J.: 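One structure, pasted below without further comment.
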Amino acid sequence: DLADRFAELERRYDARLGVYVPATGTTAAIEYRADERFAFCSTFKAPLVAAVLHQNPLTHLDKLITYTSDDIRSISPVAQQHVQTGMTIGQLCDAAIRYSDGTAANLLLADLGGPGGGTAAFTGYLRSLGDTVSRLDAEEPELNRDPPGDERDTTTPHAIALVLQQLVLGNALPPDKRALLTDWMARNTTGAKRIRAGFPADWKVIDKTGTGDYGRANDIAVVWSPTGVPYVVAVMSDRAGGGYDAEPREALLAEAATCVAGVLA
Ligand SMILES: CO/N=C(\C(=O)N[C@@H]1C(=O)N2C(C(=O)O)=C(CSc3nc(=O)c(=O)[nH]n3C)CS[C@H]12)c1csc(N)n1
């Protein structure tokens, strides 16, 4: 009855909703528009922080990177406080994962592929995990503003969730490197009103969000049952009919998250 409840979501909130939950040994896959393209928005900072953990040793996190007030061309709640200080590669990973810091993203992107190769560099990291489908093409902010139907800067709920089962549950990262990424999104401060609000409080919820033009509200999560059994949820939505300034409904992502909880009980 999942598609039945999910179309009603789309109707009530006038939105396009995409959900995919990978099948476990006991639990079938849930999927709604799983293989349609949605815009990454800030969700890409989660597997990008994974690229930077993979590519270098844990020593790299202490390399101080100097950035400016010029380099802030995007919402940057935590990077904006170090206009001259510069921050450790581990602290940027903190910003862009947990505060969705936009400027951290571009430095992290710059550290991964240089000035001009960053987006192609992160996209190749996604390829390196089997995602032959997602692409990044722009840096912040423009990656959040592509027209609907455009393939650039898009992932799919299926693709991004399969990326997430490897990062947190798989062996994409070694145990310690993986330790920090998971810890970062567990500390994440943005997704309170999304997938977290859909599951019971005795579930363990570790998420990273994305929000952008055309009503775009995304949340990608790994959740844990009272019996610890792990589940990867990726919820993506846009409201591309109301134009570029359409309001994201966060309550949508919460709502959809109470249905997959209604079947992962
Ligand atoms: C310039 O780029 N345009 C952006 C943009 O920066 N998007 C990023 C993205 O995905 N971000 C995320 C996040 O990770 O969700 C966030 C975190 S979401 C959030 N959490 C809160 O607690 C809160 O009080 N407010 N908000 C908004 C901010 S925008 C940035 C944007 C936001 S709305 C819109 N039409 N464009």
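Here, residue 1 is the first one in the sequence, and each next residue gets the next number. All heavy atoms count here, side chains included; hydrogens, waters and symmetry mates do not. Order of appearance sets the numbers: ligands from 1, and atoms from 1 within every ligand.
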J.: Looking at ligand 1, what drug do you see?
T.: ceftriaxone
J.: I'm curious which chain is the main partner for ceftriaxone in this model - what does the PDB entry call it?
T.: Beta-lactamase
J.: Under a 4.0 Å heavy-atom limit, does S42 contact ceftriaxone with its side chain, its backbone, both, or neither?
T.: both
J.: Of all the heavy atoms in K193, does at least one lie under 4.0 Å from an atom in ceftriaxone?
T.: no
J.: Taking atom 16 (C) of ceftriaxone as the reference point, report whether a protein heavy atom occurs under 4.0 Å from it.
T.: yes
J.: Would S100 count as being in polar contact with ceftriaxone, using the rule that some N or O on each side must be under 3.5 angstrom apart?
T.: yes
J.: Provide the nearest UniProt active-site residue in chain A relative to ceftriaxone and the minimal non-hydrogen distance to 1 Å.
T.: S42, 3 Å
J.: Is atom 36 (N) of ceftriaxone near the protein, in the sense that some protein heavy atom lies at less than 4.0 Å from it?
T.: yes
J.: For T211, which part has a heavy atom under 4.0 Å from ceftriaxone: side chain, backbone, both, or neither?
T.: both
J.: Below 3.5 Å, N or O to N or O, backbone or side chain included: is there any such pair between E140 and ceftriaxone?
T.: no
J.: Please report whether atom 2 (O) of ceftriaxone has a protein non-hydrogen atom at a separation of less than 4.0 Å.
T.: yes
J.: Is it the side chain, the backbone, both or neither of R216 that has a heavy atom closer than 4.0 Å to ceftriaxone?
T.: neither
J.: Which residues of chain A carry a UniProt substrate-binding annotation and have a heavy atom under 4.0 Å from ceftriaxone?
T.: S100, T209, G210, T211
J.: Would you call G212 a ceftriaxone contact, heavy-atom distance under 4.0 Å?
T.: yes
J.: My question is simple, although I want it checked carefully: is atom 13 (C) of ceftriaxone less than 4.0 angstrom from any protein heavy atom?
T.: yes
J.: Does any N/O atom on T209 come nearer than 3.5 Å to any N/O atom on ceftriaxone?
T.: yes
J.: Please check if a non-hydrogen protein atom sits closer than 4.0 Å to atom 24 (O) of ceftriaxone.
T.: no
J.: Could you identify the single nearest non-hydrogen protein atom to atom 22 (O) of ceftriaxone and state the distance to 0.1 Å?
T.: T189 O, 4.5 Å
J.: Could you check whether atom 29 (S) of ceftriaxone has a protein contact, counting only heavy atoms that fall below 4.0 angstrom?
T.: no
J.: Report the part of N144 (side chain from C-beta onward, or backbone N, CA, C, O) that has a heavy atom under 4.0 Å from ceftriaxone; answer both or neither where that applies.
T.: side chain
J.: Which residues would you count as binding ceftriaxone, with heavy atoms within 4.0 Å?
T.: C41, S42, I75, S100, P141, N144, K208, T209, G210, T211, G212, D213
